[PDB]
S.K.: 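Our group is looking at a structure that contains CDDO-Me (bound form); some questions.
Per chain, numbering begins at 1; letters A, B, ... match sequence-line order. For ligands, and for the atoms within them, numbers begin at 1 and follow the listed sequence.
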Amino acid sequence: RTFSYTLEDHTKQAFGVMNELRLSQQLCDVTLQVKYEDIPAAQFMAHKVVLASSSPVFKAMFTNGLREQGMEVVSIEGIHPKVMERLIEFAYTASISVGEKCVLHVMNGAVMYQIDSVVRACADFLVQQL
Amino acid sequence: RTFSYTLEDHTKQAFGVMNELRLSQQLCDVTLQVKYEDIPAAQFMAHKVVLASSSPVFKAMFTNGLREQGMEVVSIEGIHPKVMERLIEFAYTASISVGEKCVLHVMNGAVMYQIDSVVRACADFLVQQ
Ligand SMILES: *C1=C(C#N)C(=O)C(C)(C)[C@@H]2CC[C@]3(C)C(=CC(=O)[C@@H]4[C@@H]5CC(C)(C)CC[C@]5(C(=O)OC)CC[C@]43C)[C@@]12C
Ligand SMILES: *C1=C(C#N)C(=O)C(C)(C)[C@@H]2CC[C@]3(C)C(=CC(=O)[C@@H]4[C@@H]5CC(C)(C)CC[C@]5(C(=O)OC)CC[C@]43C)[C@@]12C
């Protein structure tokens, strides 16, 4: 007959493997230069595919049909490198933690990239504190 | 304290987006010229990263200091173009289905690529029947 297999935790474990690959600075086809006022530039390396899977705004960045000898390194202004880190991390972990006092800056970054899943999480939280 | 948030769906959802991006030849960074028997070259276009996430053998191919960030071509012997396809599917869908005619032949590709998950599930069904 016809045989079918589905491995349920496959999307989980392949991500942490992909996330390893990031931490390993391996297979990374983009490097993010996150400039925030006087804070010294922080370099975040990643794979475009994973960013583009987790951000609409990033998908449009790489699949803009406009790239050649360039755009390997992208300039991020107006995010604090530690906010951006937890965003980028959320893309690879599916989870985010943040000391509750910067929820609105993590919300503000997440909007910049349309991480609508945490933009809700963070706004709900903000509202409960009131 | 710390505010924490997880979105279990994200791993299912993101991979669908990459399978989309795969199916559109959007951010595909590698092309697998699968050359089996006298069947001519069959192109499979994919992203090294997703391939590397599913197959220990594939990660090994790419992190083998290829040093080649451009589009790579990769000639593939020993796997039928249609067995290769069934795995590339597992890579992005997390699932795979074939008739019993090829359950063993697809098992060989999964063995060739250390997809120990379908290797097992291939074997089990073979044993059941
Ligand atoms: C706040 C946290 C908490 N609790 C965190 O968990 C973070 C994610 C580590 C976060 C990183 C971003 C900054 C450094 C931050 C708190 C701040 O006060 C920072 C300020 C906010 C503001 C409004 C005072 C001016 C910008 C600034 C900054 O430039 O100072 C470094 C941005 C970064 C941040 C929001 C924590 C530590
Ligand atoms: C059998 C399927 C089934 N059911 C499939 O769904 C596959 C995975 C698409 C599979 C692709 C590979 C071949 C073409 C195949 C049927 C076969 O029997 C083919 C034979 C197997 C064998 C041992 C009889 C001799 C080699 C050969 C072949 O005929 O070369 C083209 C290899 C390919 C395949 C296993 C299906 C369609």
S.K.: Which chain makes more heavy-atom contacts with CDDO-Me (bound form, ligand 2) than any other chain, name per the PDB entry?
M.R.: Kelch-like ECH-associated protein 1
S.K.: Which other chain letters have a heavy atom less than 4.0 Å from CDDO-Me (bound form, ligand 2)?
M.R.: B
S.K.: Hi! What's sitting within 4.0 Å of CDDO-Me (bound form, ligand 2) if we only look at heavy atoms?
M.R.: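 The heavy-atom binding site is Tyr36(B), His80(B), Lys82(B), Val83(B), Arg86(B), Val98(B), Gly99(B), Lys101(B), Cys102(B), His105(B), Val106(B).
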S.K.: What residue-atom pair is the covalent partner of CDDO-Me (bound form, ligand 2) as deposited?
M.R.: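 The entry shows a covalent bond to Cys102(B) SG.
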